[PDB]
2 protein chains.
Amino acid sequence: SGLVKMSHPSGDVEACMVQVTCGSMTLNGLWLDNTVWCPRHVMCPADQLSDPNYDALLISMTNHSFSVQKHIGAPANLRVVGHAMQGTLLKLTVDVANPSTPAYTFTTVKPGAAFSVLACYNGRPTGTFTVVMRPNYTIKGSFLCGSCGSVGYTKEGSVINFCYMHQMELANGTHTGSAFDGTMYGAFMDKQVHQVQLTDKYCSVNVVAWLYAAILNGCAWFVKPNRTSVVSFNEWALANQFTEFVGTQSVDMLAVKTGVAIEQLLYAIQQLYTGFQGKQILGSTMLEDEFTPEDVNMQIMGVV
Amino acid sequence: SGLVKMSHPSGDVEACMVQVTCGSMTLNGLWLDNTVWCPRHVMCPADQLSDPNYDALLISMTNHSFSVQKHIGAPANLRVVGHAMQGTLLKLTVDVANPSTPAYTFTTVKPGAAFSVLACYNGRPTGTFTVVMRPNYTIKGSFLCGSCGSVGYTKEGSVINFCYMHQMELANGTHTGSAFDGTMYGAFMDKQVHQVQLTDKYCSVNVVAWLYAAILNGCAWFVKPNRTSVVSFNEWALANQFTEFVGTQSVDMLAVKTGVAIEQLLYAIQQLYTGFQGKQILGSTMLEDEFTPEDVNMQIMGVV
Ligand SMILES: *C(=N)[C@H](C[C@@H]1CCNC1=O)NC(=O)[C@@H]1C[C@@H](C(F)(F)F)CN1C(=O)[C@@H](NC(=O)OC)C(C)(C)C
Ligand SMILES: *C(=N)[C@H](C[C@@H]1CCNC1=O)NC(=O)[C@@H]1C[C@@H](C(F)(F)F)CN1C(=O)[C@@H](NC(=O)OC)C(C)(C)C
């Protein structure tokens, strides 16, 4: 038992991290098969970051403008034999296929979904943590200068689903990056100009999963017979900075195991959102929305 | 910027995990050089777990009573050529030295200290998270059947300091394990009998580090000129379920960078411990004590 902020083991992804350098700029890249992905702003001089012309930067480069080095594990310098831009990312083709390429897919995550991040500097992993894609299409990470190209991913069995490449910090503790189609989460621009963000909201479905996790760990003081329908809750949520609730099979399994209906926990949220009044749930005095239904099913019941 | 629950990259330790089987019992072990460490209760039949005689169990075993298998990465079956007991752990000598043994030390952590845990089942890593050794010598983990032998560790540079091998769950979400001298944290017995725990307390020095992290991320509404001396705070702490505060160089660096004295934050704790009254600090409505001064210095300032 117990519910914690859990990340995937990072070793499989550590074996794919490289350092990418373009002139005076350096960051991290992801080496899969014969391709190295990295943020395109590695091509931009500091003095042009406020108004880059990435199309012009790209044509000013040759294959030799990029240097790709693997430091950790099996060391190596990889020769770039091709270069292309896709959205906010570069795709560098290298002459050697990564012998440690895992089974992988590329996916784009949705608000409320959780993924593991491997934070790296100079091609060297330094930490791992789990984030939730916020309703305003940012993440609340921990990233310093040089962290771009750090990757986020989920895992289904042995398959790694890469979903995030770190790009920028929009405000204190507020970050965004690209999916591997090159689209920036939240459509923010990789240019150094202030860009307003939407207000953050509570992820209602994750709050429900966490309340179920509480029931499963012996904490149910907030469960009453009262119920609020999904439709009624969703009108309320839009007026109170909560996301609209969408049920899933994963949530249904928790309702079955506990015998507590989703609608009872929606009612509870409407009472608890103003404060627990000295009471606590799983050691917290506020609603927690960083645990997904899938995370709860996995940690508490072993079920995937 | 940003402060999150961060763990070390786990790849170096993943390469050291094995499965250890003794009869009908199986769990994880740690393979370093020619030694495999694992919990001694792998020798105990389920029907004797409430009153084991580990000295008698050990003499009833031969080297062949243990089977050690590595599943992930470089697979292998390791032949046991020696077996010994140290405290609550077994030390099995195997015929092959782990070619991926990192530089390592063994250390015993203190309340308030944080470490990374690699949770494993059947010799296969499944997740990683960071815990703090609680003042009552438990950890708040996430562990299911089969998780014993999962390891906790810190890292100083490239050196891994192993400090924890998972042994048991004492209550919901409440865990303990061994240091690698074989001593159980909190002196709990590896026998299946209820064992009372001391009450948990807030780790005051980590609360101070987190308040400094708040100041560094633009949040200082709780800072006032008022001060409380360490001596005065420590008498108060013993009456209010807080640990006694011990300053360190790591804390002093945060006081210097922010210009806010430790004694100002000790006063703040005495006002905030009853509730923030609708206000928030780093997105929380309660004091947080899972971030150490070292963690804060590292994540926010890059400094080790
Ligand atoms: C990649 N190494 C960094 C990561 C950034 C550094 C501080 N904390 C982080 O997460 N990425 C950048 O520096 C980008 C690159 C430039 C651009 F995005 F291409 F324009 C500027 N970057 C920013 O992150 C800026 N943020 C911003 O302009 O938001 C509108 C700041 C943080 C001002 C450099
Ligand atoms: C190792 N695989 C497990 C881990 C345990 C399982 C449930 N969640 C966990 O963290 N360890 C055990 O099952 C130990 C082994 C026995 C003994 F410690 F050697 F006696 C019993 N174990 C327990 O954890 C028991 N806890 C206990 O008796 O506390 C006093 C329970 C959880 C009742 C099996």
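Order of sequence lines = order of chain letters (A, B, ...). The residues of chain A that appear here are 1-304 by the PDB entry count, in order. All residue numbers given for chain B refer to the PDB entry; the residues shown span 1-304 in order. Indexing begins at 1, ligand by ligand and atom by atom, following the structure's order. Computed from heavy atoms alone, side chains included, the values below leave out hydrogens, waters and symmetry copies.
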Check: In this deposited structure, which macromolecule lies in greatest contact with ligand 1, as labelled in UniProt?
Finding: 3C-like proteinase nsp5
Margin query: Could you check ligand 1 and tell me the drug name?
Written below: ibuzatrelvir (bound form)
Check: For ibuzatrelvir (bound form, ligand 1), which other chains fall inside a heavy-atom cut-off of 4.0 Å?
Finding: A
Notebook entry, point to check: To the nearest 0.1 Å, how far is atom 23 (C) of ibuzatrelvir (bound form, ligand 1) from its closest protein heavy atom, and which atom is that?
Noted result: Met168(A) CB, 3.8 Å
Notebook entry, point to check: Backbone, side chain, both or neither: what part of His41(A) comes under 4.0 angstrom of ibuzatrelvir (bound form, ligand 1), heavy atoms only?
Noted result: side chain
Note to self: Mind checking which residue and atom the model joins ibuzatrelvir (bound form, ligand 1) to with a covalent bond? None is a fine answer too.
What the structure shows: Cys148(A) SG
Item checked: Residue, atom name and distance, where the atom is the protein heavy atom closest to atom 17 (C) of ibuzatrelvir (bound form, ligand 1) -> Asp190(A) C, 3.9 Å
Notebook entry, point to check: Taking UniProt's active-site residues in chain A, which lies closest to ibuzatrelvir (bound form, ligand 1) and at what least non-hydrogen distance (to 1 Å)?
Noted result: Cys148(A), 2 Å
Notebook entry, point to check: Please state which protein non-hydrogen atom is closest to atom 16 (C) of ibuzatrelvir (bound form, ligand 1) and give its distance, to 0.1 Å?
Noted result: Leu49(A) CD2, 3.9 Å
Next item on the list: Could you list the atoms of ibuzatrelvir (bound form, ligand 1) found under 4.0 angstrom from a heavy atom of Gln192(A)?
Entry: 20 (F), 21 (C), 28 (O)
Check: Please state which protein non-hydrogen atom is closest to atom 27 (C) of ibuzatrelvir (bound form, ligand 1) and give its distance, to 0.1 Å?
Finding: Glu169(A) O, 3.5 Å
Check: Considering only protein heavy atoms, which is closest to atom 12 (C) of ibuzatrelvir (bound form, ligand 1), and at what distance to one decimal place?
Finding: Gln167(A) O, 3.7 Å
Item checked: For atom 2 (N) of ibuzatrelvir (bound form, ligand 1), closest protein heavy-atom neighbour -> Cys148(A) SG, 2.8 Å
Check: Does atom 8 (N) of ibuzatrelvir (bound form, ligand 1) have a protein heavy-atom neighbour under 4.0 Å away?
Finding: yes
Note to self: Using a 4.0 Å cut-off to any heavy atom of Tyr54(A), which atoms of ibuzatrelvir (bound form, ligand 1) qualify?
What the structure shows: 19 (F)
Checklist line | Proximal atoms of ibuzatrelvir (bound form, ligand 1) relative to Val193(A) (non-hydrogen, under 4.0 Å) | finding: 28 (O), 30 (C)
Next item on the list: Map the residues of chain A that contact ibuzatrelvir (bound form, ligand 1) to UniProt domains and give the domain with the most.
Entry: Peptidase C30
Check: Going by the atom numbers of ibuzatrelvir (bound form, ligand 1), which of them fall below 4.0 Å from some non-hydrogen atom of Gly146(A)?
Finding: 2 (N)
Check: Under 4.0 angstrom from ibuzatrelvir (bound form, ligand 1), any heavy atom of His166(A)?
Finding: yes
Next item on the list: Please list the residues near ibuzatrelvir (bound form, ligand 1), using 4.0 Å as the heavy-atom limit.
Entry: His41(A), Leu49(A), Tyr54(A), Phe143(A), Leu144(A), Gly146(A), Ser147(A), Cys148(A), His166(A), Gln167(A), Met168(A), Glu169(A), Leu170(A), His175(A), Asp190(A), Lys191(A), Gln192(A), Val193(A), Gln195(A)
